[PDB]
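3C-like proteinase nsp5 in complex with ensitrelvir.
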2 protein chains.
Amino acid sequence: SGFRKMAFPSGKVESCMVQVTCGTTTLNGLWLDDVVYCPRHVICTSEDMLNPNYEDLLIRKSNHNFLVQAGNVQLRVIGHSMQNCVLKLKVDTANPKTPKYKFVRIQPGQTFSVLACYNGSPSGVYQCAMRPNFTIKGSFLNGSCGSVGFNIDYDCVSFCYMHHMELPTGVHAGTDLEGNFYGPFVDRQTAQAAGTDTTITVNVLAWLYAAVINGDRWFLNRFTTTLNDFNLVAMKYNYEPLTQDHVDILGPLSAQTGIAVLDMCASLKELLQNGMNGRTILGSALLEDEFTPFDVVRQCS
Amino acid sequence: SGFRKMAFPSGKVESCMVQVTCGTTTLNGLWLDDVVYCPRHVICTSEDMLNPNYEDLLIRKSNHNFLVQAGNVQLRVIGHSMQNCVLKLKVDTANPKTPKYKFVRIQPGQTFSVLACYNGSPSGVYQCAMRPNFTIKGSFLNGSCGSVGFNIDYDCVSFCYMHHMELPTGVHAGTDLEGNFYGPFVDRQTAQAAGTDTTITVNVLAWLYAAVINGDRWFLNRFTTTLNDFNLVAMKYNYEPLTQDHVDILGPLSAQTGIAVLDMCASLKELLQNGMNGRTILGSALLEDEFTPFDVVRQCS
Ligand SMILES: Cn1cnc(Cn2c(=O)nc(Nc3cc4cn(C)nc4cc3Cl)n(Cc3cc(F)c(F)cc3F)c2=O)n1
Ligand SMILES: Cn1cnc(Cn2c(=O)nc(Nc3cc4cn(C)nc4cc3Cl)n(Cc3cc(F)c(F)cc3F)c2=O)n1
């Protein structure tokens, strides 16, 4: 029993993390087969970072301008190119610990594990959700640029996030491994605001099911609600509207607990309207929205 | 910026995890050099688990009764012994991925990373604190017996926890890697209750400092309190009493933020007395006590 924010074991990704230095600018890269992937921001000098023209900056470089270090061993760069906001450095050595992998883009509301890294050295691991506004509420300091986020299915690592920058609100923004930003951001050292966010309703409901599976039932009630009547309440509390396709995804959890989705919605409607009255759900005093239905099924039984 | 429950990268430990089977009973083991460490409970048949005499059970076994599997390769057992509640199986192959390691026992209030594992296969990673009552609020299902908890300093893995059992309240109990239980528990399949718990005051204060470092300041105030006047409030709210040695450990955080420890205590005293009034601290609506001062310094700047 128990329910915790839990990341995937990070070993498969740790073995791929390298340091990339261009002049005096340094950050983390991802070494898969004979290619290192990293934020193209590394080719900026201090005076290029505010308003870079990356095509200009890159044509002015050659392979020998890139220092790649996999622990103590220097990897020799033998080719370089740009794909959107990621730099690809072809190296002379294929990574012998390359896992089976994919580059997948995730949807808002989905979760992934972040391996925070500094100077090519992994530092910590934790779960994150892609917010509806395409930021993530991570934990990152200077030097974390190029840290990656991922999910692991069986033996295959699905890379979904490369960390670029911190926004002024303290939330974090990045790209997929094709270099395409999540959300309306650009890789410049200028202050950029996130759009308005909203709460991921299906995740909250999934978490309430996790709570019932784990014995918290004080919030249940005899009432049911209609899909449209719940959505009137959701709109008032900045929860995203609930659809039948979402009622569908909650099917297995509704079956395990024997609590109808629309019944669980009546509980959520009451919690939103009344608060929690000094009690807790799975050790939290607010409604948690960063667990997917899959996270619940993976962790409960 | 940001503050998250964050585990150590688990790769060094993943490479040590094996499956140990004795007859039909199976669980996880820890393979370091040419020794596998695992809960001695594995030598119990279904009918031995309620009231085992382990010395009896073990003398009735030979090396060939133990099946150890490191992934696909079977490790040959060439010796076996008991140390308290852990079995040590000497194998014919030294683990080529043995990290630099120590066996250390931790104190209540301290944190460690748990690598949850099933059938010798790592499943997830998350942070845990040793509660004052020597349980941990983990996330474990059937088959997790033998999962380990650890901290990593530089390159050295300090193993501090081997998971044994789940108590009826849903909390988890285990031993250090010498087989000595944390808390008043025994490795029998009988229902055992945890003693009364209490809140880890210095961790709450450390977390409030983390919040100030990260820009939550609404809970600060112009007041100070005396060490004894705070402790009268702490005793009323089941917080453990605060000592000068604890004021001392919070020194660096008090210096970074410029907020005196006893000033921060006046904030905590108010929060305990008034609640939080609909606001949050670092995304939580209750006072978090599972971050040590070291966890805060490791993650903030
Ligand atoms: C506080 N924080 C939270 N997350 C981050 C991530 N992050 C980072 O690690 N580094 C950045 N700028 C650099 C400065 C360098 C100085 N040297 C010697 N080398 C450096 C490398 C970088 Cl990458 N930035 C800022 C930033 C990085 C970008 F990739 C980008 F497109 C715009 C930006 F403003 C950063 O956010 N820091
Ligand atoms: C729900 N939960 C949360 N944590 C745990 C940990 N845990 C476990 O994984 N297994 C246990 N009993 C076994 C049954 C087996 C059946 N087969 C085929 N093999 C088995 C191996 C075990 Cl170890 N237990 C119970 C338990 C394990 C002990 F080590 C102990 F000393 C007393 C106990 F009651 C368990 O708690 N399950």
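In this entry the chain letters A, B, ... are assigned according to the order of the sequence lines. So for chain A, numbering is the PDB entry's, and the shown residues are 1-301, in order. Note that chain B is numbered according to the PDB entry, with residues 1-301 shown in order. In each ligand, atom 1 is the first atom listed, and ligand 1 is the first ligand listed. Note: hydrogens, waters and symmetry copies are ignored here, and every other heavy atom, side chains too, is used.
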Next item on the list: State which other chains have a non-hydrogen atom nearer than 4.0 Å to ensitrelvir (ligand 2).
Entry: B
Check: Which residue holds the protein heavy atom closest to atom 19 (N) of ensitrelvir (ligand 2), what is that atom called, and what is the gap in Å?
Finding: B:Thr26 N, 3.2 Å
Check: Relative to ensitrelvir (ligand 2), is B:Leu141 under 4.0 angstrom through side chain, backbone, both or neither, heavy atoms considered?
Finding: backbone
Check: Which taxon does the entry assign to chain B?
Finding: Severe acute respiratory syndrome coronavirus 2
Next item on the list: Could you list the atoms of ensitrelvir (ligand 2) found under 4.0 angstrom from a heavy atom of B:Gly143?
Entry: 8 (C), 9 (O)
Next item on the list: Return a yes/no value: protein heavy atom under 4.0 Å from atom 35 (C) of ensitrelvir (ligand 2)?
Entry: yes
Checklist line | Enumerated ensitrelvir (ligand 2) atoms positioned under 4.0 Å from heavy atoms of B:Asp187 | finding: 31 (F)
Notebook entry, point to check: Can you list the atoms of ensitrelvir (ligand 2) that are under 4.0 Å from a heavy atom of B:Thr25?
Noted result: 19 (N), 20 (C), 21 (C)
Checklist line | Protein heavy atom under 4.0 Å of atom 6 (C) of ensitrelvir (ligand 2) | finding: yes
Checklist line | Residue and atom name of the nearest protein heavy atom (relative to atom 25 (C) of ensitrelvir (ligand 2)), distance in Å to one decimal | finding: B:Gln189 NE2, 3.9 Å
Next item on the list: Using a 4.0 Å heavy-atom cut-off, say whether B:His41 meets ensitrelvir (ligand 2) through its side chain, its backbone, both or neither.
Entry: side chain
Check: For ensitrelvir (ligand 2), what is the UniProt domain of chain B harbouring most contacting residues?
Finding: Peptidase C30
Next item on the list: Distance to 0.1 Å, residue and atom name: give those for the protein heavy atom nearest to atom 27 (C) of ensitrelvir (ligand 2).
Entry: B:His164 O, 3.2 Å
Check: atom 1 (C) of ensitrelvir (ligand 2): which protein heavy atom is closest, and how many Å away?
Finding: B:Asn142 OD1, 3.3 Å
Check: Which residue holds the protein heavy atom closest to atom 15 (C) of ensitrelvir (ligand 2), what is that atom called, and what is the gap in Å?
Finding: B:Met49 CE, 4.0 Å
Next item on the list: Considering the heavy atoms of B:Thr24, write down every atom of ensitrelvir (ligand 2) situated less than 4.0 Å from one of them.
Entry: 18 (C)
Margin query: Under 3.5 Å between any N/O of B:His163 and any N/O of ensitrelvir (ligand 2): does that happen in this structure?
Written below: yes
Next item on the list: Report yes if some N/O of B:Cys145 lies less than 3.5 Å from some N/O of ensitrelvir (ligand 2); otherwise report no.
Entry: yes
Check: Closest UniProt active-site residue of chain B to ensitrelvir (ligand 2), and its minimal non-hydrogen distance to 1 Å?
Finding: B:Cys145, 3 Å
Notebook entry, point to check: Which shown ligands and ions, other than ensitrelvir (ligand 2), have any atom nearer than 4.0 Å to that drug?
Noted result: none
Checklist line | ensitrelvir (ligand 2)-proximal atoms of B:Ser144, by part, heavy-atom distance under 4.0 Å | finding: both
Notebook entry, point to check: If you measure from each non-hydrogen atom of B:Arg188 to ensitrelvir (ligand 2), which part falls under 4.0 Å: side chain, backbone, both or neither?
Noted result: backbone
Check: Which residues lie close to ensitrelvir (ligand 2), i.e. with a heavy atom under 4.0 Å?
Finding: B:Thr24, B:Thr25, B:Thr26, B:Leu27, B:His41, B:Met49, B:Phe140, B:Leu141, B:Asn142, B:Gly143, B:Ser144, B:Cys145, B:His163, B:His164, B:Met165, B:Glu166, B:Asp187, B:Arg188, B:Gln189
